[PDB]
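Structure containing idarubicin.
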Amino acid sequence: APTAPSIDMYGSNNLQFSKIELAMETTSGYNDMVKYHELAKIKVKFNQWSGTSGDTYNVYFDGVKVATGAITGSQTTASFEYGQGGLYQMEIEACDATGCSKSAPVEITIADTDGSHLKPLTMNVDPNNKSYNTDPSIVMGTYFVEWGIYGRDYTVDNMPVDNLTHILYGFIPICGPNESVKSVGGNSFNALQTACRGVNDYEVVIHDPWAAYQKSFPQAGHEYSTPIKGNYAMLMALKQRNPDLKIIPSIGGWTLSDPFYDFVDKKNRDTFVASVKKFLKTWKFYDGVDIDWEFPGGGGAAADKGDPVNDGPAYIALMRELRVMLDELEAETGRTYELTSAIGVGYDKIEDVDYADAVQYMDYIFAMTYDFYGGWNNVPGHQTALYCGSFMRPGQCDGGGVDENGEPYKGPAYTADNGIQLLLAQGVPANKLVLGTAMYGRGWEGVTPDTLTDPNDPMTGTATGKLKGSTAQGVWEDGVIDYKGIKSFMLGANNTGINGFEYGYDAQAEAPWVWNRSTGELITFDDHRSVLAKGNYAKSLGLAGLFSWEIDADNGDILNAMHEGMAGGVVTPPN
Ligand SMILES: CC(=O)[C@]1(O)Cc2c(O)c3c(c(O)c2[C@@H](O[C@H]2C[C@H](N)[C@H](O)[C@H](C)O2)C1)C(=O)c1ccccc1C3=O
């Protein structure tokens, strides 16, 4: 028989092959950094120095023949293409009329972006996240933010994945007009300019390729030479651990919505929709797309954008067009892909979209039932309440009243139930609506007792400015604090108040607060009680479930309460 091939490990890239080429140690345009191949090119060098070399080689993976070719003398390169990622035991055989001889087996890795070559992720979850048996029909969602791996030190293996059905990855930008990004300062705008170099306007890109696929995480077993690293390789490994998890890219958000206002022109929708199809073929761990346009009709970060007449019909066409495209991917892959969107729930945001038309294309609407009041002005209120608080004036709740100047309210007050009932009354099915819960507070300073019109209720006071604090306290920007910061610096373990704060609860609104009467610091947030009230409300109305912004800011208490409030319930999944 021929001499047995001897595989040259170093001549064959130590047997690590990848369907995706990702630039490392540089930051450039997205199309220069990312290249995806439907088939990996596998080149393996072998030699047969003594004896006869034979005529033909065969390559086997786990005992099954996957390639064949000609022997070229004493040194041959087996060259072939292969579609399915994975880890395989490879043998190379050489054959002639006298028989065949085979190399020892050796492990070959074929990387792909579904994580098929990866072991299940090793988790490091805070043990305060508890175990539940929530019915699998109920949505339990959260947002994981790409920049959370910096100062916030919160990585994919920290997520309590057994307690989640959906992870929304915040946020994928659209190339084009993006002046709103300059509002976060730092390098965010400039990093987008880099990512969009050589990219057509209105196509998606990865904003931070260091966080997404270059950074080596030692807890994931990454090495500097591993072909896919970053949060994306950890999400691939997380999907190997929890295969029924849905991981969905969230496009837009508050700072990254400016390009959506040009989707009134179909040509820019077509560009965008094609880029999303390419994105989901490239990054196969993702299960759909979430569109967080804030907001049709305006009222978001860009003060000079928003068209109440035309943005709603653009949003609806976008959804129609994205569902056509996802149906093509389902035909191609045999997989199911979801289309979702996070939406404003003030009456003046809902009135700009005919959701009865849009929602026929969509699996879920993540209703943003939070940010109703906040440090952008000096008016206290409940930022994430179900119902109207004691602080509101007569006729403020339903908008029939007048304000303190005698001016008509323009619509119903900002509460979760006022927005859910506006959506239901126009025919959006309850089982497509997912109710938002806040894992953060918004707050003020200067709300001292002398400013209250009702002494029992600090939401009747007036602020002098935003809450101020440090990042160790969970205050990453003025006026906003992580829930785990409120728990460590204002509630304490018994939930009865520390550091001069007192806890209170508006039982009408279903909304908690902490208030330091000395500093006038007042913070509106969600807590165990108010999250249990949201789960009861969701069960009462047959909503799809609950989601939360943002998972790094919880200590486990808010996701635990999301599950606790849903116990016993089931829902009909949308078809
Ligand atoms: C209740 C409501 O309708 C709001 O639009 C909600 C809101 C908000 O959700 C966020 C922000 C807001 O400023 C506001 C407020 O808009 C501001 C700017 C508007 N153009 C308008 O002038 C309004 C009165 O206040 C009011 C943010 O600033 C913000 C910043 C960073 C991330 C998310 C956020 C973030 O999510």
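Just so you know, residue 1 is the first one in the sequence shown, and it goes up from there. Every number for a ligand or one of its atoms is a count from 1 in the order of the listing.
In the deposited model, most contacts to idarubicin involve the chain that the PDB entry calls Chitinase A. Every N/O-N/O distance between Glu477 and idarubicin stays at or above 3.5 Å.
At least one N or O atom of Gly300, backbone or side chain, sits closer than 3.5 Å to an N or O atom of idarubicin.
Counting the atoms of idarubicin from 1 in the order shown, those under 4.0 Å from a heavy atom of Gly299 are 5 (O), 19 (C), 20 (N). Within a 4.0 Å radius of atom 14 (C) of idarubicin, the protein contributes at least one heavy atom. In this structure, atom 2 (C) of idarubicin lies nearest to the protein heavy atom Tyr414 CE2, 3.5 Å.
Note that atom 24 (C) of idarubicin has no protein non-hydrogen atoms nearby, at separations under 4.0 angstrom.
Residues with a heavy atom within 4.0 Å of idarubicin: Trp254, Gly299, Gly300, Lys349, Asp371, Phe372, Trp376, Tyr414, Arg442.
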